[PDB]
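Entry featuring bezafibrate.
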Amino acid sequence: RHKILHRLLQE
Amino acid sequence: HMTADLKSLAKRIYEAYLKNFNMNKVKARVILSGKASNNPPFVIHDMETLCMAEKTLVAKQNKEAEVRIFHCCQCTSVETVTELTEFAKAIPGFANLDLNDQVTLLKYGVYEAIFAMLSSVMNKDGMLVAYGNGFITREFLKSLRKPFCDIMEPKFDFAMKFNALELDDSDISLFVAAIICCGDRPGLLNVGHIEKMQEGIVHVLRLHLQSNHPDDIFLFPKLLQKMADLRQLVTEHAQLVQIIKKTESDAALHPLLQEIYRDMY
Ligand SMILES: CC(C)(Oc1ccc(CCNC(=O)c2ccc(Cl)cc2)cc1)C(=O)O
């Protein structure tokens with residue numbers, strides 16, 4: 001549900 | 001006073017804060033005061049001066065003024081959420097978390113942290129914008145129409161009391177780390193461990209406040225109260241954002257901001 005926030009936490 | 005591994009935790013957090021937020025209180029206060037320069041920020045006090053400012057932000061449109069300001073706010077919000085995300089990943093223990101709990105901590109933390117840090121860039125009459133190059137007036141923000149006039153004024157009210165505490169950036173980074181590492185956000189998986197992590201930060205915050213503001217002996221309990229006020233402040237702000245999503249056919253939220261508000265309060 002929080003795809004952009006997940007993305008941000010990986011990079 | 002306080003041991004080493006606590007001192008190490010403090011400076012990790014301060015340094016991560018200095019690295020990830022371009023605008024900070026020391027820099028903001030110098031602009032605001034403001035010695036160091038006789039070239040003050042362009043003042044945005046009415047509709048006409050606003051348009052002047054926008055003639056500069058060309059590439060970065062034909063919407064109502066309120067909505068354009070609402071857009072500038074979103075852009076500032078998005079990148080602060082972004083910086084906050086870098087900042088969190090640097091707090092010892094945060095990246096070790098479930099990743100999910102990390103999303104949840106950020107989801108419920110970022111706006112309390114944003115409004116905490118926003119105080120730095122506000123005085124009784126207005127706030128810095130455009131990385132300190134602008135200054136938009138409180139009265140002008142009140143002069144907008146509903147519900148847009150109802151967005152900043154509560155933040156100002158909080159900031160004036162918060163700025164009375166005289167925190168510096170070293171206090172604020174610890175305070176922001178405690179906000180984010182909050183053990184009672186809804187949906188957290190490992191409440192036990194997060195709670196351990198936050199009591200370490202809160203402990204470093206208490207001893208640091210003793211050392212940095214010795215005369216203000218109830219500063220820490222005052223800050224605890226400020227954290228409760230921030231939660232209330234954010235709940236009400238969430239309520240206003242919902243009222244705007246279904247009442248203003250021309251203020252779409254950035255996707256990342258839709259992620260955060262979706263299923264909050
Ligand atoms: C954008 C919105 C809807 O509400 C918010 C409003 C203000 C702020 C603080 C950061 N905003 C700014 O620094 C800012 C920049 C330009 C202008 Cl014209 C106003 C305010 C954060 C959030 C949000 O919840 O993201």
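Order of the sequence lines fixes the chain letters, A, B, ..., with proteins taken first and strands second; residue numbering starts at 1 for each chain. The figures that follow rest on heavy atoms only: side chains count, while hydrogens, waters and symmetry mates do not. Just follow the structure's listing: the first ligand is 1, and inside any ligand the first atom is 1. Structure method, as recorded: X-ray crystallography, 2.4 Å.
The chain that bezafibrate (ligand 1) touches most here appears in UniProt under the name Peroxisome proliferator-activated receptor alpha. At a heavy-atom cut-off of 4.0 Å, other chains contacting bezafibrate (ligand 1): B. When the heavy-atom distances from atom 17 (C) of bezafibrate (ligand 1) to B:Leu128, B:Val241, B:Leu253, B:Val129 are ranked, the shortest goes to B:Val129.
Set against the non-hydrogen atoms of B:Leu257, the atoms of bezafibrate (ligand 1) under 4.0 Å away are 25 (O).
The option with the heavy atom closest to atom 7 (C) of bezafibrate (ligand 1), from among B:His71, B:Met152, B:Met23, B:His254, is B:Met152.
Of the protein's heavy atoms, B:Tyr261 OH, 2.3 Å lies nearest to atom 24 (O) of bezafibrate (ligand 1).
Distances shorter than 4.0 angstrom occur between a heavy atom of B:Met127 and an atom of bezafibrate (ligand 1). When hydrogens are left out, the protein atom nearest atom 23 (C) of bezafibrate (ligand 1) is B:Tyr111 OH, 3.2 Å; that is the closest non-hydrogen contact. Residue B:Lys155 does not touch bezafibrate (ligand 1), judged by heavy-atom distances below 4.0 Å. Applying the 4.0 Å criterion to heavy atoms of B:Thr76 picks out, from bezafibrate (ligand 1), the atoms 10 (C), 11 (N), 12 (C), 13 (O), 14 (C), 15 (C).
Distances from atom 19 (C) of bezafibrate (ligand 1) to the heavy atoms of B:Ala238, B:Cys75, B:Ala53, B:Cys73 put B:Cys73 nearest. Note: chain B touches bezafibrate (ligand 1) mostly through UniProt domain NR LBD. In this structure, the protein non-hydrogen atom closest to atom 3 (C) of bezafibrate (ligand 1) is B:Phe70 CE1, 3.6 Å. Heavy-atom proximity to B:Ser77, at under 4.0 Å, picks out these atoms of bezafibrate (ligand 1): 1 (C), 2 (C), 5 (C), 21 (C), 22 (C), 23 (C), 25 (O).
Contact annotation: for B:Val121 versus bezafibrate (ligand 1), there are no heavy atoms closer than 4.0 Å. In the entry, the organism recorded for chain B is Homo sapiens.
Listed by number with element, the atoms of bezafibrate (ligand 1) under 4.0 Å from a non-hydrogen atom of B:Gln74 are 1 (C).
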